[PDB]
Amino acid sequence: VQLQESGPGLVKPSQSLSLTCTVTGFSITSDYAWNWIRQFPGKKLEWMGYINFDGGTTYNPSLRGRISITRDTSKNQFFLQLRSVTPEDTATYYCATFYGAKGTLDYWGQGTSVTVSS
Amino acid sequence: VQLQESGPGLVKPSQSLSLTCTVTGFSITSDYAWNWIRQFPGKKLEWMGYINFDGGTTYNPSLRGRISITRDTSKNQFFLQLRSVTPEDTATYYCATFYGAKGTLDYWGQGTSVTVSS
Amino acid sequence: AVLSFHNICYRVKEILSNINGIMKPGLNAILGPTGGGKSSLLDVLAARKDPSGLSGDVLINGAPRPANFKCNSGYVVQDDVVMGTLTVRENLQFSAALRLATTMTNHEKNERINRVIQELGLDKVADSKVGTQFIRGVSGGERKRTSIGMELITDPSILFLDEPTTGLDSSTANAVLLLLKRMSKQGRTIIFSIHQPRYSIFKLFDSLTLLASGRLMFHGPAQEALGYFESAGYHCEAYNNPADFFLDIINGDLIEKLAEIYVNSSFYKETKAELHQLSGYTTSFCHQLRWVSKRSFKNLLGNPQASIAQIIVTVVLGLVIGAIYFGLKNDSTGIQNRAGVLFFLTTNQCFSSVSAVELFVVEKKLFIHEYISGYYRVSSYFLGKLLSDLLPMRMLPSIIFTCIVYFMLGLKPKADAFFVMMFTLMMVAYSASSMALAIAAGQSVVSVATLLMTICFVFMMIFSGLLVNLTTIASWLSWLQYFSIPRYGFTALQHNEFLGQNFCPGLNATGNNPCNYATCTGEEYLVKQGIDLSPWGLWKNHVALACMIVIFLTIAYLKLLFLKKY
Amino acid sequence: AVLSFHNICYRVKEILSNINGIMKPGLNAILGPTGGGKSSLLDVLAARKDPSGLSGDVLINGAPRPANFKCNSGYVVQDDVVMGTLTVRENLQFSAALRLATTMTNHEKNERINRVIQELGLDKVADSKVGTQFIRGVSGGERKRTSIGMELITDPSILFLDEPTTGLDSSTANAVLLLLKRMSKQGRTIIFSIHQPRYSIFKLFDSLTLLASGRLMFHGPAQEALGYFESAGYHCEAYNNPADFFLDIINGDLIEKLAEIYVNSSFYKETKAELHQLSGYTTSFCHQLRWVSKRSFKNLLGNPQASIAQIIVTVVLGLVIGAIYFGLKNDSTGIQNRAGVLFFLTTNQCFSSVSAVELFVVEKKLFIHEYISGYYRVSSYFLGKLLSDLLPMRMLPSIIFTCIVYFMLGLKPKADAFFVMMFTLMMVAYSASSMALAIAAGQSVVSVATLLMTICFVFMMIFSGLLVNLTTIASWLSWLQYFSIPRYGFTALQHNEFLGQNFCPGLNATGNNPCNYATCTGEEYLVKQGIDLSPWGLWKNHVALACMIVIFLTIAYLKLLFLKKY
Amino acid sequence: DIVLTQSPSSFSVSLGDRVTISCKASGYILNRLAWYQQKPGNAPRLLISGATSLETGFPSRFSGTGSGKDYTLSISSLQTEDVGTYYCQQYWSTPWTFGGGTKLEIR
Amino acid sequence: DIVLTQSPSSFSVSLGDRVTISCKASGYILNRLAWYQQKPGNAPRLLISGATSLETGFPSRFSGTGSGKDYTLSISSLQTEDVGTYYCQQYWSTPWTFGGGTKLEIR
Ligand SMILES: O=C1c2c(O)ccc(O)c2C(=O)c2c(NCCNCCO)ccc(NCCNCCO)c21
Ligand SMILES: *[C@@H]1O[C@H](CO)[C@@H](O[C@@H]2O[C@H](CO)[C@@H](O)[C@H](O)[C@H]2NC(C)=O)[C@H](O)[C@H]1NC(C)=O
Ligand SMILES: *[C@@H]1O[C@H](CO)[C@@H](O[C@@H]2O[C@H](CO)[C@@H](O)[C@H](O)[C@H]2NC(C)=O)[C@H](O)[C@H]1NC(C)=O
C-alpha cells in the first residue's frame with residue numbers, strides 16, 4: 001500500500017545486487033503478492049518475479065536462477081538478489097505490488113537506477 | 001436494483017398463482033439472478049428458486065414441479081407460477097434478487113400476502 | 001500325373017538332404033517321425049517354402065514348375081481352415097468364386113458344386129452349419145471332408161495333403177482314408193504325410209517315403225518296406241504294425257549308416273535311373289472385394305455373441321451414464337461433470353477398440369493359406385476386411401452413445417453441435433482401432449499385442465488433457481502431446497461443447513470477469529487448458545485424426561504385404 | 001495287494017454300470033475308448049469322485065476303504081502337476097515334507113529321497129531345473145518320471161496312475177513303461193488307463209479292462225483278450241496291433257449285446273466267484289504354512305520375467321510421471337495437477353491388480369490335486385499363498401511410486417504426510433487385489449474373470465470422485481458411491497494432500513474468501529467434493545479399506561472351501 | 001441440504017449488553033454465511049456477507065466471527081434501532097436455507 | 001509466452017482528437033489486458049483493468065474495447081495532462097508481458 005525502493009546505485013559485472021524494498025502501512029505477510037518490475041533504458045518493461053504473501057515465489061523464466069527474492073518479515077521488507085549481472089541490464093526496478101483477486105499491479109515504488117559498469 | 005411485487009391476494013386450493021414482480025432501474029437480462037424467497041406466517045423463510053439472467057432456472061427441490069418461473073423480458077418482468085396450491089402455504093413472497101459474484105440477496109421486493117383458502 | 005523330384009537340398013542350416021524319388025499316381029505317403037523332415041518335405045514339395053532355401057530341381061510330368069502351379073494344385077492344411085460360421089454349401093461357393101475362372105456362368109459353377117458334394121459324399125449335410133464356438137452342427141468327420149473338398153472345385157491333378165488324420169480316431173479316420181483311396185484313381189496323385197497310421201489303412205499306398213533326420217531312408221512301393229527291412233535283418237515283431245515298426249527302428253531301436261545302407265540297395269538306382277532319364281490374380285479386384293466382404297460380413301453375423309454382446313454392453317453403458325449425469329447444471333459443478341463425461345466417452349471409445357485386434361490375428365493362418373494359393377491380392381483382402389468388420393462395428397457405438405446420452409445429459413442443444421459430437425466419436429473410434437490394427441497386423445499371439453496397446457493407450461490417456469494441464473508440462477515433454485489420440489478426441493469434444501456456456505450463476509462474466517480466478521465461462525476453461533477458439537481450433541483435430549487413420553492403415557497394409565508368406 | 005471292486009454303479013444320469021473284477025498285483029490296465037468309461041472308472045476307483053454318486057462297494061485286500069486311504073495311495077495326474085520353476089530334488093522334498101509323518105528327522109527323509117531317485121533313475125539330473133515357460137532344463141521324459149516319483153516317497157502299495165503316456169512318443173514312452181514294469185514287483189499294484197498302446201508295451205499286463213459306453217466288456221489277463229475275441233469270432237487282422245483291434249471292434253467294427261456276450265463267458269463267473277467269496281491332516285498348521293510359503297516364494301523367484309518385469313514398468317511409470325508433473329506450482333493450475341496425479345496413482349494401483357487373479361486360476365488343477373491328497377488344509381494353502389505372493393508383490397509398487405514421485409512432484413513436505421500416502425497406496429492395492437481374488441477364486445478360465453473385474457473397476461472409477469462431483473448425484477444413486485475402492489483411496493490421498501494449501505497467488509483467502517467462486521484454498525476444493533475435514537475424515541477411509549480386505553478375503557476363503565474337490 | 005440452526009432462538013438484552021447470536025451449520029460452509037435483519041413489517045435487509053464483512057449503511061458494532069461450522073454474529077452495545085429477528089443464511093449449497101432467527105427482548 | 005504488441009508505437013495528436021491505441025495480443029487473453037500510463041519520470045500507474053473497467057481517480061474519457069485478441073484503448077478528446085507512453089499488459093499467463101508503449105505527440 002506504500003512501498004519504497006532503496007539500494008546501491010552502481011554495481012560491477014559478474015557481481016551481485018540487492019535492493020531492499022521496505023513496505024509500510026501493510027504487513028507483507030498478510031494479503032498480497034509482491035513483484036519487482038524492471039524497466040530498461042529504452043522504456044520497455046520486464047516483469048522479474050514475485051514473492052507470495054506466504055513465502056512462495058515465481059520468477060520470470062527469462063531469468064534463469066539469476067534472481068532470488070527473499071523477505072525478512074520482521075521489518076516487512078523484501079529483497080532482490082540478482083547475481084552475475086551483465087552490463088546490459090541497466091534498468092529501473094520499481095518494486096511493484098500485485099493484488100490477486102483483481103489482477104493489476106496497483107501500487108509501485110519509486111525505482112532506483114542500477115548501473116552495471118566498471 | 002428496484003423491485004416491486006404485485007399480484008392476487010387470494011387463491012383457492014388446487015388452483016394456480018401468479019405474482020408478476022416488475023423490476024425497474026436494471027435490465028433483468030443484463031447481470032444478476034432473480035429469486036422468489038417466501039416466508040411462512042411463523043416467520044421462517046424458504047428459498048423458492050431463481051431465474052438466471054440468460055433464462056435458466058433452478059428451483060428449491062422441496063418444490064417438485066409445483067413452481068415455474070418465467071420472464072417477459074420486454075417489460076423486464078419475471079413471474080411466479082405455483083400450481084396445486086395447498087391451503088398451508090399462506091406465505092409472503094418478497095421477490096428477492098441474487099448477486100452472484102458476492103453471494104447475498106441484496107435487494108428485496110415488498111412482499112404480498114397470498115392466502116390459500118376458500 | 002507324376003511328380004518326379006530330385007535332390008531337394010533345402011537350407012533355411014539344412015533341414016533336408018539329397019532326397020530322390022518320384023511319386024506316381026495312386027496314393028503316395030510320407031511316414032516319417034513326428035517332425036524330422038516329413039512335414040518339411042511335404043511343404044517344400046508343394047511350393048510352400050521360399051525358393052531361396054531350396055537348391056534343387058523338381059518336375060511335374062516333365063515340365064519344371066509352371067508359373068500357375070498352385071492354380072492347378074490343391075493343398076489342404078492339417079488343422080481346419082474352413083469358416084465354421086458359414087455353411088458347407090456357401091463355403092464351397094466361396095472357394096469356387098475366387099479361384100476358378102469367372103468366364104463361365106454361375107450355373108455350371110453350382111453344377112460342379114453338386115458334382116463335388118456327390119463325389120465327396122456330403123448331401124448328408126449339404127446345408128448344415130459347421131460352427132466354431134457357439135454352435136457345432138457337424139463334427140470333425142465332415143469338417144475334414146469339406147476341407148478336402150474346398151480345393152476340389154478347381155480339380156487339380158496333384159492333390160497335396162498334409163496329416164489328414166491327426167485329431168480323428170478310428171471310424172471317421174477309416175472313412176476319410178478309404179475316401180482318398182476311392183477318389184484317387186479318377187486320376188489324382190494324392191501326397192499325404194500321415195502320423196503313425198494303422199495297418200488297416202496300410203493296405204494301398206503304392207509309395208511311402210520313410211524320411212527322418214533330414215535324410216531319406218526308403219522310397220519303394222508299399223509292399224516293399226516290409227521286404228527291404230527283411231533284407232535289412234529284422235523280424236519286425238511277427239504280429240505287429242509295421243507302420244509303427246519302422247519308427248521303432250529309427251528312435252532307439254545309429255543313423256549316419258542307416259541312411260547310408262539304402263543308397264546301396266536296389267531302390268536308389270531303381271528310381272534314380274529314370275530321374276537322370278527325365279533330367280535329359282485370375283479374377284479382377286471387383287470380385288476379390290465383393291466376395292471377401294460377403295464372407296466376412298456373414299461370418300460376423302454367424303457367431304453374434306461376440307459382437308452383438310458388446311452392443312448390449314454399450315447400450316447399458318450409455319444408459320447408466322445418462323442416469324448418473326442426468327442434470328448437468330450450469331453451476332460450479334458443471335465444469336467437472338462436463339469435462340468428465342466427454343473424457344469418459346473418449347477414453348472409452350479408445351480402450352474398447354483394443355478388442356478389434358483379432359481382426360487379423362485369429363485368421364493369420366487363414367489369410368496366409370489363402371494368399372499362398374491364388375485366391376486374391378493382399379490389398380483386396382485388406383479392403384474387404386475393413387469394409388466388412390471394422391466399418392460397421394465401430395460405427396454403431398458412436399451412435400448408441402451420442403443418441404442415448406445427448407438428450408439425457410442435456411448438452412449443447414443444436415443440430416450441428418450434435419452431429420459434430422457423433423462424428424468426432426466416430427473419428428476417434430476409427431483412429432484408435434486403426435492403430436490397434438497397425439500394431440497387431442503381423443503377429444500370431446495376442447498377448448504382447450494387447451499388452452503394448454494397453455500401455456500405449458494408458459500413456460495417451462495421461463496426455464489426454466484432463467489429468468494434467470497441458471500448458472504446465474516442461475518444454476522437452478510438451479512435444480509428446482501430439483501423438484495422443486484421446487487428446488485429439490477430447491479436445492474436439494470440449495471445443496464443441498464448452499463455447500457458449502456460463503458456469504457461474506448470477507455473475508455475467510462475458511463482458512468482463514471479476515476476481516479473475518473463477519472460470520465463470522466456457523471460453524476461460526477452454527483457453528486455460530491450451531485449446532484454440534477459432535473454428536479451425538476444432539477441425540484441426542479432425543484433419544489430425546483423418547491422418548492418423550491413413551498412416552496407421554498404410555502401416556498395416558505394409559505389414560501385411562511384407563509378411564513372410566512361407 | 002489286491003483291490004477287488006464290485007458293482008460300481010456310479011450316477012452323476014449314469015456313467016457306469018455293474019462292473020466287476022479284481023486287480024491283483026502286477027501292472028493292471030484300463031484300455032477303453034477315448035472317453036467312454038475308462039478315465040471315469042479310474043477316477044471312481046481311486047477315491048476321487050464324491051461318494052454320493054457311487055452306489056457300490058469296493059475293497060482293499062479285504063477291508064472296505066480305510067479312512068486314511070489316500071494317505072497310502074498315490075495317484076499321478078495325467079498332465080504335469082510338478083512346479084516347473086523349482087528343481088527336481090526340491091520338488092521331491094516338498095512332496096516329502098507335507099505328506100509323510102514329521103516324527104522322523106530330516107536325515108532319513110533325504111535318505112529316502114536318494115532311495116527314490118535311484119529306484120527311479122534320475123541322478124542323471126537330480127538338481128536340474130524343470131521349468132515352464134522361460135527355462136526348460138529337462139524334457140517330458142523326466143517330467144513324467146519326477147511326477148511318478150513325487151508320490152513314491154510315502155511308498156503306497158496301490159500306485160494309481162492315469163494315462164501315463166499321452167504326450168510322450170515312442171522312446172521315452174517305452175522307457176517309462178518298462179520302468180513301470182520293473183518297479184512293479186517290488187510289490188506295487190499299478191492301475192493305469194493307457195490310450196491306444198502299442199504291442200511292444202502290450203507284453204506284460206496281467207490284466208486289462210476293456211470298458212466302453214459305461215459298461216465293462218472284458219476283465220481277463222493280458223494273454224486272454226486275444227483268446228476271448230478268438231472265441232468271439234474274429235481274425236484280428238492276422239498281423240496288426242490287438243490293442244487297437246479291440247477299439248476297431250467297438251467303434252463301428254451293436255453294443256447292447258456285445259456287453260451282454262461277456263457275462264455268459266467264463267471270466268465273469270471266474271472272478272465273481274471270488275467276489276462273492278470276499279463279500280462274506282497328519283502334520284500341524286505350522287508346517288503346512290511354513291512350506292507352502294517357501295514353495296510359492298521360490299516359485300515366484302523361479303520365473304522372474306513375470307513379476308520383476310512389472311516392477312521395471314512401475315519404476316518407468318513413476319519416473320515418467322515425475323517428469324510430467326515436476327513443478328506442481330500453487331496457482332490455478334495447481335488443483336488440476338494435484339487432483340490428477342493422485343487420481344492416476346489410485347486408478348493405477350487398482351487396474352494393475354487385475355493381473356493378480358492368476359494367483360488361484362493357474363494352479364486350480366494343482367491345488368485340487370494337492371487337497372484331495374492329504375497334503376494340507378485349505379486355510380493353510382490360503383494363508384501361505386497370501387503371505388508368499390500377494391504380500392510382497394503388492395507392497396513394492398506402493399514404495400516405488402511414493403518414493404520416486406513424492407520428491408520430484410514436491411507434494412506436502414512432511415514425514416507423516418508422506419507415510420500416510422505410502423500407507424494409503426498400500427491399502428488400496430491390497431483391497432483391490434483382494435477383490436480380484438474374491439471374484440476369481442473358483443473359476444478355471446480367466447476370460448470372464450478379467451472381463452468382470454475390468455467392468456467393476458471401470459464403474460468404481462466413474463464413482464471415484466473426479467469424473468463427477470459426488471454431491472450432485474441424484475439421491476437414489478448416491479448410495480452406490482460406497483462400494484467404490486478408488487473413492488476410498490483417492491479421498492484419503494486428497495485429504496492428506498490438500499489441507500494446508502493456498503492455490504491463489506496474492507490472495508489470502510484463509511481469513512475470508514472474496515468473490516466466492518474461486519477455490520482459493522485447499523479446504524474449499526476439499527469440501528466442494530463432499531469430503532470431511534476432521535482427522536476422522538481421513539482414517540474413515542482406512543477403516544473402510546481394512547474392512548473390504550477382510551470381507552473380500554473371507555469370501556475368497558469360503559469360495560475355496562466350498563469348491564467341488566471332485 | 002444444509003440446515004442452519006440458531007439454538008438461542010430468543011434473547012432478552014439491555015441497551016448496552018454486547019450480545020452475540022450463534023448460528024451453527026450442519027455441514028461445512030467456509031465463511032459463506034450471511035446475516036439479515038428483519039424488522040417488524042419489512043423485508044430482511046442484508047447485514048453481513050462472507051460472515052466477516054459488513055454493509056455500507058451500518059455501524060461498526062456488528063461483526064461476524066467463527067469458521068468451519070460455528071459462526072456467530074456479535075452486536076456491540078446494542079442501541080435502540082437494533083430490535084427485530086436476525087436470520088443467518090448460508091449460500092454455499094444450492095437450496096439456500098435460512099435459520100430460525102432470534103427475536104430480541106428489551107428488558 | 002504471450003507477446004503483446006502495439007503496432008502504432010508512436011502517435012501525433014491534437015488537443016481534442018479522439019485518439020485510440022491498439023494492442024493486439026499473440027494468444028487469447030479473454031479481457032485480462034490492463035493499460036498503464038507512464039509519465040515522463042514516474043512509475044506506471046494503472047489505468048484500466050479487465051480491458052473494460054476504469055480506475056477511480058480518472059475521467060470518463062478513457063474506455064477499453066475489443067475482445068479475444070484485438071484490444072484497444074480509446075481516449076476521447078485528450079486534454080493536456082494526457083501525454084506520456086501507454087503500456088498494455090496482459091495478466092492471463094504466468095510471465096506477464098507488457099507492450100512497447102506508444103508515446104504521444106502534441107502538434
Ligand atoms: O481397460 C481399461 C478401460 C476400459 O476397458 C474401459 C474404460 C476405461 O476408462 C478404461 C480405463 O480407463 C483403463 C485404464 N485407465 C488407466 C489406469 N491404469 C493403467 C493401467 O496401467 C487402465 C487400464 C485399462 N485396461 C485394463 C488393463 N490395464 C493393465 C495395464 O496393462 C483400462
Ligand atoms: C453481460 O454483460 C454485457 C455488458 O456488461 C452485456 O452486453 C453487451 O451488452 C450490450 C447490451 O445488451 C450489447 O452491446 C450486447 O448485448 C452485448 N455485446 C457483447 C459483444 O457481448 C451482455 O448482454 C451480458 N450478458 C448477457 C447474456 O446478456
Ligand atoms: C490471512 O489473513 C488473516 C487475517 O485476514 C491472517 O490472520 C490471522 O491473522 C492474525 C495476524 O497474524 C493472527 O490472529 C493469525 O496469524 C491468523 N489467525 C488465524 C486463525 O488464521 C493470516 O495470517 C493471513 N494468512 C497468512 C498465511 O498469513
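To find a chain, count down the sequence lines: A is the first, B the second, and so on, and within it residues start at 1. Order of appearance sets the numbers: ligands from 1, and atoms from 1 within every ligand.
Matching the molecule at ligand 1 against vactosertib, mitoxantrone, cediranib, camlipixant gives mitoxantrone. The largest share of close contacts with mitoxantrone comes from the chain named in UniProt as Broad substrate specificity ATP-binding cassette transporter ABCG2. Lab note: other chains with heavy atoms under 4.0 Å from mitoxantrone -> C, D.
Result for mitoxantrone at 4.0 Å: UniProt transmembrane segments of chain D, from the N terminus, with a heavy atom inside the cut-off are 2, 5. Mitoxantrone is contacted mostly by residues of chain D from UniProt domain ABC transmembrane type-2.
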